[PDB]
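Featured here: a structure holding caffeine.
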Amino acid sequence: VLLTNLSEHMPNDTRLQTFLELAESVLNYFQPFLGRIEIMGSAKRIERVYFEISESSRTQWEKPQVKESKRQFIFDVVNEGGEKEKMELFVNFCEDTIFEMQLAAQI
Amino acid sequence: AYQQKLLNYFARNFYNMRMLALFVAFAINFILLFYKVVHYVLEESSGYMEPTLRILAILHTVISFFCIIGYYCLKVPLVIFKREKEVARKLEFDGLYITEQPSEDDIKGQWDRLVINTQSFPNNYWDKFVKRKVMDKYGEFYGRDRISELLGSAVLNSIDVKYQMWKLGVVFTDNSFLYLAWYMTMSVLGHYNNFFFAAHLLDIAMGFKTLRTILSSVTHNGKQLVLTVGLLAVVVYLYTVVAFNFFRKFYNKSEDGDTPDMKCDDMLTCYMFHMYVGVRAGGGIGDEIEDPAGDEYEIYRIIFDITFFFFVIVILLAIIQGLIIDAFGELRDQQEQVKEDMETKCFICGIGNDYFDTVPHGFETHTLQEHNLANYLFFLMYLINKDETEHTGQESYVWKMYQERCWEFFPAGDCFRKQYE
Amino acid sequence: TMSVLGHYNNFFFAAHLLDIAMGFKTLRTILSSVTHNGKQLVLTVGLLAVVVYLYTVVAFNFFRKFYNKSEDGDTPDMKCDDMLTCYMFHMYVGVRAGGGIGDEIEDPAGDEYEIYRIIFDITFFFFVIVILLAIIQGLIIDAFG
Amino acid sequence: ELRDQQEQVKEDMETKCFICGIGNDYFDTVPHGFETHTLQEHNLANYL
Ligand SMILES: Cn1c(=O)c2c(ncn2C)n(C)c1=O
Ligand SMILES: [Ca+2]
Ligand SMILES: [Zn+2]
Ligand SMILES: [Zn+2]
C-alpha cells in the first residue's frame, strides 16, 4: 500500500516506474484487500488515502439480503431527499448495513 | 438442548420458508374446485388425497408459524435498533423529553416517552454512556440529579420489564409483521373451517414484486380514481331526476304490462336501476328502456339516450383507461430516469460521465475506484474496528468528523483528475 | 416438415402461413411491440385466473339460487353448485360478458341479499370489465411509446 | 400533455433561479449553495 501510494502520488517516473514493474505479483494478490478512497482531510483539497479491506467482513457483505436493499436505497436517494443529508442517509444506511452483516455473521 | 442451536436455521431459510409457505397456498385453494353441493369433497384419483388435505390444512399453518419464528429472528431488532439510535441521538442533540416535550402526535415518539427511564436502554444499539453524556449536556442547566434519576434457573426476576413492553409496543407497529400475523390468523381457520381459509392467496401481492409494477401503476393514481367514482355517482344522481320527473311512462321493467307492470317511479329505485343496468349497459340505457315511436317528448327521450350514450359509455371508460396509461408512461419514465441518473455522472463527485471518460475507459473505473461507494462503508468498518491510539491524522481526523456528525470531507466537485493536470 | 404433408394430407398442410412472421419484417414492429412486454402479460393472465378463483367462491357459498342456467326451472333446472363448474362458467361467460355477469344471472327483485347480489355485480362490472381490459390496452400502448 | 406541462413547470422552477437564473449546478458548485443562493440572493418575497 506504500508503494502503490508512491505510484499514485508519483507516476511519470522511470526508475520508480521500472521498480513499479519490478516484481509485483502479490500486488495483484492484494486487490480484495486494500481500500482506496478519496477525501478532503482538511487539506483544503483532495486526499487519496488508503487502508485495508478485511476480506472476511467483505465476504460477509457479499451476500444479498442487502444488495437489493442497497439498490432500493439507491432508488430512494435518486428519487428525492434533502440533498445534503443524503450522505448522512448513506451513513445511517451503512450503520444499519453494519448491523445486518454483524447479525448475519453467525449463520 | 437444541434451543438457540437451531435458532440460526430459521432466519437462515426464512425467505425460502416464506416461498414454500406461499407455495402451499395454491394446492390449498386448488382442491376446492373439486367441490359439490351441502359441502362435498370429490376425489377422482387416489382417494387418500382427502386425508392429506386434512394433513396439509394444519401443515401450512405450522409452516406459517415457523415463518413468524424466522422473522422474529430476522427483521427484528435492527428496526428497533434504528428507532433506538434515532431517539438516542435526538435526545442527544435535542433533549426533546427534557426541553421540548413533543406534542400529542407522534404516537410512535410518545410511546418512547415511556422508554426514557429504561435500564438497558440501548440493549442492542451502542452504549449507555451517551445518557451520562447528555446529562452533562443538560443536567447542570435544568436538573442534575433530577434528569439523571429520570434516566437512572436464576432468571427469576432479572428481566427488562417495561423496556420489553416498550419494545413490543414498537414491534406491533410494523407493516410486514402485522402482515404475516394476519397471514397466521388467515391460516388459523384450517382447524376451524375452510369458509375463507383457502383465501390466503392475497400473499402473492407481497411475495413476488414483479407483479407490483402493475399494482403500483394503479395505486399511485387511485387518489383521483375515487373521485372518478364520485363523479359517476353524482352524474347518475343527476340523470335519475330527469325521467323520474319526465318519462316515468318510459320507465318499464314491466313484463309487457299485463303482469304487475314494473316502473321505478321512486327516485332511489330508478337510481339504483341505472346503477345496475345503465352502468353495465354498453349499448346504452336506451337499450333497456321504452323506445319512443311517436311520443310528444320522443326527441327529448332520444337526446337523453344520446347524452347517456356519450357521457357515460364513451367518457368515463376512456377516463379510467387514459388515467391508467398515463400512469404507465409516468412510472416507466420515472424508472428509466432513475436508471439514467445512476448511469450519468457519479453519485459522489457527480461531475461528468463524459468527464472521467474523457480519458477512455476511465469513468466506470473512476466510479469503481475513486468513488466505489461500498468502500466508504468498508472504511467505516475499518475505522470502527481499530483504535484511535493508532489512527493516522487522516484517520483520527475523519473519525472525529464522524464523531461530530458533520460530513464535510466528501468530494463535492474536486476529484483527483480535477485536482491536477 | 410443414410442406411434407402435401403428399400426406392437407389437414394442416396449407397452414404454412406462419412464415410471414419471418418473411417481412415490417410486421415485426407490431410483434415486438407485443413480445417484449408479454412477460408481464402472462402475469395478467394469472391474476385474472385468481380473481375469478376468488369470485367463484362467493355465490357458490351464498347465491346458488342466483345460479340459474336453467331453462326457466320446469326443465332439469341448471345451476352450477360445484365450485369448478361455476368457475368454468364465469370463465366462459363472465369473461366474455361485456355487459356484466349480472346480465347472465338471476336478477334480484326482493331478495334478502339483493343488495349483496347487486354490489357483487358492480364489483364484477368494474374490476373485470373496466380494469383488465384497460390493463392490457395500457400495457400495449406504453409498449408502443 | 398536461402531465408533461405540469412537471415541466416544476423542473423550471427547480432548475436555475428565477431572477438571475444561471445554474442550479452553478450556485451549487459550492455545496449547499444554490438553494441558499435562492433563499438569500434572490428570495423573491424579500423584494416585495
Ligand atoms: C458501539 N458502537 C459505536 O459506538 C459505534 C459504532 N459505529 C459508530 N459508533 C460511533 N458501532 C458499530 C458500534 O457498535
Ligand atoms: Ca496515536
Ligand atoms: Zn464521485
Ligand atoms: Zn436569481
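The sequence lines fix the lettering, A, B, ..., with proteins before strands; numbering per chain opens at 1. Just so you know, ligand 1 is whichever comes first in the structure, and atom 1 is the first atom listed for that ligand. The entry is not shown in full; contacts are counted within the portion that is. Below, each value reflects all heavy atoms present in this structure, side chains not excepted, and no hydrogens, waters or symmetry copies.
- All instances of caffeine are found at ligand 1.
- Bound to caffeine (ligand 1) with the most contacts here is the chain that the PDB entry lists as RyR2.
- Other chains in heavy-atom contact with caffeine (ligand 1) below 4.0 Å, by letter: B.
- In the entry, the organism recorded for chain B is Sus scrofa.
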